[PDB]
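Entry overview - anti-testosterone (heavy chain) with testosterone in place.
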Amino acid sequence: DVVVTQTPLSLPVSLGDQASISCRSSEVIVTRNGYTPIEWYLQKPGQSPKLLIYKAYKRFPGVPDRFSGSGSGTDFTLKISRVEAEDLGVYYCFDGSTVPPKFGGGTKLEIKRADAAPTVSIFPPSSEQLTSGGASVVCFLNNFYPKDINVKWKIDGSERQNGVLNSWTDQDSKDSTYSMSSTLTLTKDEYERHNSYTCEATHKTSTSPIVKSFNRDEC
Amino acid sequence: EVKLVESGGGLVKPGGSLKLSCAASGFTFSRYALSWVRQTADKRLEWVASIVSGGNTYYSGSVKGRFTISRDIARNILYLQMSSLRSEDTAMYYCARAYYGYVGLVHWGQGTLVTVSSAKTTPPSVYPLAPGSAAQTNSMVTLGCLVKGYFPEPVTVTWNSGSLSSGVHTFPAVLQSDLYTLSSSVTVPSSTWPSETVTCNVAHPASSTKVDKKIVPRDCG
Ligand SMILES: C[C@]12CC[C@H]3[C@@H](CCC4=CC(=O)CC[C@@]43C)[C@@H]1CC[C@@H]2O
């Protein structure tokens, strides 16, 4: 069982710039009928993986010449001449030298764009959910960049750590931005025991956290 | 056109067995080597098994002895028999055709999902997400839908049956203690809501559940 190491885990690149992804095999590649069993795949958001390069440097039909593969002995590199928005997604190298063939851990190619702060929205629990004893406060943070972001939940002023559920979307190819959802779940009993609810978002774009909130006792 | 389509995935209890199918079309079924590759939550890809035109089969260590890949040349269907299913088997299973010989994995299908767990199928609860009154009004307004407490994946969400498709952000489900929660937001001109209806449609195949939730502005008497 060989081991295929891929670098880096994330590769931010500006459109027009060059992308470089590499894979090292914990063992010298075992040639097959001469050629090297090295291949590269791209899985775009919500799509199945697809073949880009095989035999280490051969372009599967349909793949732009902007894509090229090279390398030798345990060291192999995927290069994208001038990255285009549509290249966005996760790349994988494949080493089928021996059974079992192995995949690198993948590299998320990220399109670099101008920093953009999130449009934040907060939503109190719904009547229907309260009637059921639950209480979830929701905060949407949409269309921002970079992806790194801090979201703090404050109830009546104090920071709540337990009961939060965050989720990010993949990077959108249309605008290169990320969107995120943060859900604070509580008991109906507690929600009604406090008044103020706020999600604070700290984003590179501002030392001033963007804040959104509401009072449980209002409209 | 080459086309491979997976089916058979679903929720199964550990130790259980499940057989996956992959319908092939557009080529000489027995001519190429067919493989099964799975993708775990961490999006990592792991080769599962392959069967070459020679009939010879191969498996990955974790699979060996539990899974069996086979083909019905006549019906043009590739199978993957699974047994002693471990939690570790939960993943999206894809079948692919070699480009030729032992070179490349192409025409992967959309995949079929396999969830191995003890938790029981649970219908989602769909809650509407309405703003805070009106005072905070710009030209746009963002609404949403919370879908929580369902199991297993997947669930689908659409807005206005699909009529509303722009300005939507649906977030990947998060599993918190045997139950998933997912949310979807939509932004529309503040002048069109609540004048015109905004409803999210949520479907959960696993439980044959289908719910439409109208987003109504907060009580406010
Ligand atoms: C999976 C695959 C078909 C099965 C091939 C694999 C290359 C390595 C290999 C060596 C063997 O001895 C059996 C067949 C396998 C396991 C090929 C890589 C691409 C192709 O689709």
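Within every chain, numbering begins at 1; the chains are lettered A, B, ... in the order of the sequence lines, protein sequences first and strands thereafter. Order of appearance sets the numbers: ligands from 1, and atoms from 1 within every ligand.
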Neighbouring chains of testosterone (ligand 1), heavy-atom cut-off 4.0 Å: A, B
Entry molecule name (chain A): anti-testosterone (light chain)
Nearest neighbour in protein (non-hydrogen) for atom 2 (C) of testosterone (ligand 1): B/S35 OG, 4.1 Å
Structural part of B/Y102 in contact with testosterone (ligand 1), heavy atom criterion under 4.0 angstrom: both
Atoms of testosterone (ligand 1) close to B/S50 [distance to a heavy atom under 4.0 angstrom, numbered from 1]: 1 (C), 4 (C)
Protein contact to atom 8 (C) of testosterone (ligand 1) [nearest heavy atom, distance to 0.1 Å]: A/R32 NH2, 3.3 Å
Proximal candidate to atom 19 (C) of testosterone (ligand 1) [heavy atom criterion; set A/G96, B/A98, A/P101, B/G104]: B/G104
Side chain, backbone, both or neither: A/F94 near testosterone (ligand 1), heavy atoms under 4.0 Å: side chain
For atom 11 (C) of testosterone (ligand 1), closest protein heavy-atom neighbour: A/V99 CG2, 3.4 Å
Other-chain residues near testosterone (ligand 1) (heavy atom, 4.0 Å): A/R32, A/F94, A/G96, A/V99, A/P101, B/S35, B/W47, B/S50, B/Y58, B/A98, B/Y102, B/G104, B/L105
